[PDB]
Each structure stands twice: as structure tokens, then as C-alpha cells.
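By the PDB entry numbering, chain A shows 982-1179, in order. Numbering of ligands and ligand atoms starts at 1, following listing order. If you're wondering, the header gives X-ray crystallography, 1.2 Å. These values consider heavy atoms only, across backbone and side chains, with no hydrogens, waters or symmetry-generated copies.
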Amino acid sequence: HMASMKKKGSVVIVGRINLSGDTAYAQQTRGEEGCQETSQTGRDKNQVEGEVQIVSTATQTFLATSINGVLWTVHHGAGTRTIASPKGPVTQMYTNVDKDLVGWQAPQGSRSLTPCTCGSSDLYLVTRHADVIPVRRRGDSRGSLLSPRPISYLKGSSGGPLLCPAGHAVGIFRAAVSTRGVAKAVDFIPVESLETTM
Ligand SMILES: CC(C)(C)OC(=O)N[C@H]1CCCCC/C=C\[C@@H]2C[C@@]2(C(=O)NS(=O)(=O)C2CC2)NC(=O)[C@@H]2C[C@@H](OC(=O)n3cc4cccc(F)c4c3)CN2C1=O
Ligand SMILES: [Zn+2]
């Protein structure tokens, strides 16, 4: 009934994939109890850094990537949820279920990737465990893993980036193409779609 209807919580930044140095590693910035509280209030005063965030809802965890001043992720993780911020919940500025894409204004302190203009097909996928996986681009929205992996290895990495050799954003990881539980290829949202959305 009306008076007791609940609201979904906010997406919460719980960590980041550190790519700044010579070693890529995942960093946690908030534990599970703090995550749950922050999702409910939508108020997150933690400092944000970096290009790739680890994000969570009450039920899922995935990645989000800043490109051109927007923190982008997948709709199948975020839905229409707000993101927690120092001043309270922030509404999505982009939502496109057809592309599986959402975005919010990038948090203060984040750094953004630049869309790739290289026209090159040797790519790198960054996972939530900070693995950097070589991917050969095979079409507008597909690339093949040079070394196939069980889907377990990729689960929770949607929203993360595919990058070119120079570290530009080429796309956002969306789905794994798997046969018998092995991912031989990935599907991604090309950066040009994000640029058109903007
Ligand atoms: C499309 C094709 C070729 C048929 O393949 C697949 O449908 N395959 C599956 C294999 C699933 C097994 C796990 C694979 C491991 C990791 C996957 C990356 C990942 C993930 O980590 N999510 S998450 O755990 O972070 C999660 C917490 C956020 N995404 C998924 O599971 C997505 C979600 C879902 O797809 C979609 O809702 N759409 C909506 C779309 C709209 C437009 C175009 C698209 F393609 C769309 C795909 C099925 N998904 C796959 O990948
Ligand atoms: Zn490039």
C-alpha cells in the first residue's frame, strides 16, 4: 500500500581500479556495512579518485568508467538508480535501456578517459580484479579474447573499459560471448555511442 512503499537505494562507489602506476590493482574504499548505509542515504563523503570505479547496489557489484566528464555504467547493473554523492543522491543524466547504458555527472576527484580516435583494433579490457586482458577488435561492438577465460573471471566487470594501446576509451564492457561457460569474446558499447548520447 502507498504509505509503506520502499525506494531503491543508490549506487555506491566502493573502490577503484588503480591504473596510475606500473601496476594495476583493485582498491577497496568502503566495506559492506558502510556500503549498505550509503546506499540508503545516498550520502557518500568519501574521496573519489581515478578513472574506473567499483560500484555496488544492495544486490550487485560491477564497474563504472569516467569518459568526458560522465561516469558511465551498464543499465543491467544500475537500473534507473541515483548515485550516492557528498550532497546526497544524484539522478542519472543519461539512461538508455536499448544500449544497456547509463551515466551520471562524474564525481569530483575522478579523472576521465578520452575517447579513442586511433582507429586501431588492438584493445585491452580492464576487469574488477585489475586484470588487463588483451582483446582483438572484431566488429563495431565485439572483440575476441586472445586467451579465453571462464565467465566467472569476467562476472562483475560490466561497466569497465576497453582501452586502446595509448589508453584512450574504446568502449564499455557489456556482455560476454560464451560457449559452455567459456568466454571467447566480449560485447561492448562503443565509445562513439556514448559520444552521440552526449
Ligand atoms: C549479448 C549476448 C552476446 C547474447 O551475450 C550475453 O547476453 N551474455 C551474457 C552472459 C552472462 C554470463 C556472465 C558473463 C560474465 C560477465 C558479463 C559482463 C557482464 C557482467 O559482468 N555483468 S555483472 O555481473 O557486472 C552485472 C552486475 C551487473 N554482463 C552480463 O552478465 C550481461 C547481462 C545480460 O545482458 C544484458 O542485460 N544485455 C542488455 C543488452 C542491450 C544491448 C546489447 C546487449 F548485448 C545487451 C546484453 C546477460 N549478460 C551477459 O554477459
Ligand atoms: Zn586511441
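Notes: drug at ligand 1 recorded as danoprevir. In this structure the chain with most contacts to danoprevir is the one the PDB entry names NS3 protease. At a heavy-atom cut-off of 4.0 Å, the residues contacting danoprevir are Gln1041, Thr1042, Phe1043, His1057, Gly1058, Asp1079, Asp1081, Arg1123, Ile1132, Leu1135, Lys1136, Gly1137, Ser1138, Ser1139, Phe1154, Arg1155, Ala1156, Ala1157, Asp1168. Protein heavy atom closest to atom 45 (F) of danoprevir, with residue, atom name and distance, is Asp1168 OD1, 3.3 Å. Taking every heavy atom of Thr1042 and a limit of under 4.0 angstrom, the matching atoms of danoprevir come to 25 (O), 27 (C). Annotation: atom 31 (O) of danoprevir to nearest protein heavy atom, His1057 NE2, 4.1 Å. Closer than 4.0 Å to danoprevir lie no other ligands or ions. According to the PDB entry, the source organism of chain A is Hepatitis C virus. Against a heavy-atom cut-off of under 4.0 Å, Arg1123 is close to the following atoms of danoprevir: 3 (C). Atoms of danoprevir found under 4.0 Å from any heavy atom of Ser1138 (numbered from 1 in listed order, with element): 21 (O), 25 (O). By the 3.5 Å distance cut-off applied to N or O atoms, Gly1137 is counted among the residues near danoprevir. Among protein heavy atoms, the minimum distance from atom 25 (O) of danoprevir is reached at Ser1139 OG, 2.8 Å. At least one N or O atom of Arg1155 sits closer than 3.5 Å to an N or O atom of danoprevir. Looking at atom 40 (C) of danoprevir, its nearest protein heavy atom turns out to be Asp1081 CB, 3.8 Å. The nearest heavy-atom contact from the protein to atom 18 (C) of danoprevir is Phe1154 CZ, 3.4 Å. The nearest protein atom to atom 13 (C) of danoprevir, hydrogens excluded, is given as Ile1132 CD1, 4.2 Å; this is a heavy-atom distance. Put simply, atom 27 (C) of danoprevir has protein non-hydrogen atoms near it, under 4.0 Å away. Among all protein heavy atoms, the one lying closest to atom 51 (O) of danoprevir is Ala1157 N, 2.9 Å. In terms of protein heavy-atom proximity, atom 2 (C) of danoprevir is nearest to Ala1156 CB, 4.4 Å.
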